[PDB]
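Scroll down for the structure; my scribbles are underneath it.
The first sequence line is chain A, the next is chain B, and the lettering continues from there. To match the PDB entry, the residue numbers of chain A are left as they are there, and the shown ones run 9-30, 35-350. Numbering, chain B: per the PDB entry, residues 9-30, 35-350 in sequence. First listed ligand is number 1; within each ligand, the first listed atom is number 1. For the numbers below, each heavy atom of this structure counts, side chains included, while hydrogens, waters and symmetry mates do not.
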There are 2 protein chains.
Amino acid sequence: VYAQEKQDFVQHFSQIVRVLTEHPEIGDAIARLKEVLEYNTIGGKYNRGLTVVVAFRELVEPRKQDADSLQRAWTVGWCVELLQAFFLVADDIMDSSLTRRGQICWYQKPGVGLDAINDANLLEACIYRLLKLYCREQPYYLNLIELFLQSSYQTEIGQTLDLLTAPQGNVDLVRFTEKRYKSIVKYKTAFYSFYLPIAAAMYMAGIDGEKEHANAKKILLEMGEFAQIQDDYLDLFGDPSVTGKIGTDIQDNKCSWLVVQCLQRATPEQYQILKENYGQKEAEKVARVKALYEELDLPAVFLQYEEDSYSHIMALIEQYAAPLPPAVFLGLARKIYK
Amino acid sequence: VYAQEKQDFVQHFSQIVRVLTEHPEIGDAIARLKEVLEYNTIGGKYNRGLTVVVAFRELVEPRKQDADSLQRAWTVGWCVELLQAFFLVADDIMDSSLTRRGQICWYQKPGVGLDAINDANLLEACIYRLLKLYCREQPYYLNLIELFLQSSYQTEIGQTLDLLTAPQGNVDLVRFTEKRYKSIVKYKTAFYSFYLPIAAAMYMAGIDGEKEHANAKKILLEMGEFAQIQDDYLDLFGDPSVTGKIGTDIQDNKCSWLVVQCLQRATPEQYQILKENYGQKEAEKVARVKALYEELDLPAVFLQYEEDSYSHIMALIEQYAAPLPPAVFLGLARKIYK
Ligand SMILES: O=P(O)(O)C(O)(Cc1cccnc1)P(=O)(O)O
Ligand SMILES: O=P(O)(O)C(O)(Cc1cccnc1)P(=O)(O)O
Ligand SMILES: C=C(C)CCOP(=O)(O)OP(=O)(O)O
Ligand SMILES: C=C(C)CCOP(=O)(O)OP(=O)(O)O
Ligand SMILES: [Mg+2]
Ligand SMILES: [Mg+2]
Ligand SMILES: [Mg+2]
Ligand SMILES: [Mg+2]
Ligand SMILES: [Mg+2]
Ligand SMILES: [Mg+2]
């Protein structure tokens, strides 16, 4: 059922590429756009895009789910996937990453390099091309434009906080606090990965009320915090065959949930070990940090946190889901918790 | 009068920064946004922003130029300056440039580096923040949003053509044609630098007709082609004390107007000299190309072209300006021709 939902969503990508790549003077640039789309918008789990499609189906009366409305829903889900693609192509450059979704990062491909900066911006531009082509006559068109623009700004402010807290070649242990961590992840991840897909489906379903969006946001931003904590845990302890990418948080001096938890539990001797080995390229220094995390039983702390987080998000669904179907939030929680 | 217009426009920047930098959790990111704005949106000529302000004043009845409408006009002119800033910060990374507006490029500043990618995207995001804060209740709000989004897409397609025609470490003389050149510059420069500022003032003045915008575009895209040809000429023959930047077109293997003109005039012996020396970092190779350009009297070809271009644009103003005041176009031509 879930594998079928994913296959159904991916089968719409060929039409998305077709409409985006249809004077002959820009032909060569349009061929490059097609290559950028095929490399960077495919290969992920499609959690955000599928959330738009399933939430729309659960929020709109089936008699109103005609062929054109369903096409608009699939198209807006692909818009969120294009936003994800834009963020990841640029993030991989700024984080000096090597692989993404089981292949070399686009910018690391021979012949691409920093031209990937413009390619990332083309992916973002395609969102607004698709919204104009399919949604311009709809009453929610401006709501969707402003929602995507706001989500991009919030993510970029979060990325600024992430990069400021992680200066290259400078110790920043003093700034690795739970308060700083929560702000980084709320802005860099929670808004675009959890609030945006549900909010887009809500606007398409005619649910535009400030209070209903605020209540959904209460659940979704908390889900988003867990998703980034899980991402931080997997950066170091995930299987690369499963995650599809190589971790860089320790080398990049990141304010990861792991280092925040390490600092809260470390003895003065362990603090000194972290200070001397964190945020540096040397593989033996990275191994020393991982050994410290294992000595402090951080994988067990993460598993206990996942349990407590799940119970907290479920309690927030009980408080704030109404009048929306709880299934809207439960289905998204299922995608991130196991 | 013109120096006074520039000073009046720059005096509004402090309020632009104030409104964009006003929870305390993102405080550190907002301080970085202020630094990005002060470094990258100031120091230029403000030709695009001033065009919005002067064209609005010339297109709107003075009785309708109340304090709030004039504020909206200044704000939209600063939005075009933020779009310029976004494009330049990223272009300087992709072109491996050293200086911009008389100072080191933002990405070359110690401590910035490739974090400049996210900084560039923050500048673009501020456009939509300003349009929502000052223009959301106006009838032209959606027209302006779509105009800025379209101008960004066109510029990015042009940047793709520019970078595809200029592969690093590969000879691309065969693709340096007048037809390829005209397409690159129409998309990368002409739309955002000439059509966007006038079109924004037209929409704010209530001039939204397809035919009127098409007629203005006929003049403006041709002006834009000359502006990029002049930029290409100055890359090599301009005084850096005046241009504020160091040229990189020869080292970067760019489809510059100069190399297009060189190829049209070169003997087979000169073609071989260009083939062996173009698109390479070696200063002696760059000097060989410049000497070839001087041997082919390319500065004289440029001066004759500037004369013929000016007469052509003036003939297009005579054909297509009506019903707009010709002063709208003449004032912009004055900014680029001497
Ligand atoms: O996929 P990644 O690189 O682990 C990541 O989650 C990517 C990302 C990019 C933009 C916003 N949020 C997450 P990061 O935050 O760099 O750890
Ligand atoms: O200022 P520059 O770098 O000479 C330039 O004009 C900058 C630019 C950036 C984006 C679009 N158009 C021009 P380029 O095209 O790279 O020669
Ligand atoms: C915000 C985060 C954690 C970045 C990765 O998101 P995903 O794990 O959803 O990545 P893909 O499925 O799109 O590859
Ligand atoms: C599109 C071009 C030619 C890039 C530079 O524009 P300007 O010459 O207007 O640059 P600033 O005044 O903003 O520095
Ligand atoms: Mg990353
Ligand atoms: Mg990152
Ligand atoms: Mg990560
Ligand atoms: Mg450049
Ligand atoms: Mg360039
Ligand atoms: Mg140039």
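At ligand 2, of risedronate, bupropion, zonisamide, penciclovir, mirogabalin, the drug present is risedronate. Lab note: most contacts to risedronate (ligand 2) come from the chain UniProt lists as Farnesyl pyrophosphate synthase. Other chains, heavy atom under 4.0 Å from risedronate (ligand 2): B. For risedronate (ligand 2), the residues with any heavy atom closer than 4.0 Å are B/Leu100, B/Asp103, B/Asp107, B/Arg112, B/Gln171, B/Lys200, B/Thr201, B/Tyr204, B/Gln240, B/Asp243, B/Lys257. Among protein heavy atoms, the minimum distance from atom 5 (C) of risedronate (ligand 2) is reached at B/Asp243 OD2, 3.8 Å.
Within risedronate (ligand 2), the atoms closer than 4.0 Å to a non-hydrogen atom of B/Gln171 are 9 (C), 10 (C), 11 (C), numbered from 1 in the order shown.
Of the residues that UniProt lists as binding Mg(2+) in chain B, those with a heavy atom under 4.0 Å from risedronate (ligand 2) are the following: B/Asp103, B/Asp107.
Looking from atom 11 (C) of risedronate (ligand 2) to the surrounding protein, the closest heavy atom is B/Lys200 O, 3.0 Å. There are UniProt dimethylallyl diphosphate-binding residues of chain B with a non-hydrogen atom under 4.0 Å from risedronate (ligand 2), namely B/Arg112, B/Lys200, B/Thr201, B/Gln240, B/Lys257. Residue B/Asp261 has no nitrogen or oxygen atom sitting less than 3.5 Å from a nitrogen or oxygen atom of risedronate (ligand 2), judged on distance alone.
For risedronate (ligand 2), the atoms closer than 4.0 angstrom to any heavy atom of B/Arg112 are 1 (O), 2 (P), 3 (O). Scanning the protein for heavy atoms near atom 13 (C) of risedronate (ligand 2), the closest one is B/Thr201 OG1, 3.5 Å. What sits closest to atom 7 (C) of risedronate (ligand 2) on the protein, heavy atoms only, is B/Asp103 OD2, 3.5 Å. In terms of N/O distances under 3.5 Å, risedronate (ligand 2) is approached by B/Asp107. Backbone and side-chain nitrogen or oxygen atoms of B/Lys257 are examined, and one is located within less than 3.5 angstrom of a nitrogen or oxygen of risedronate (ligand 2).
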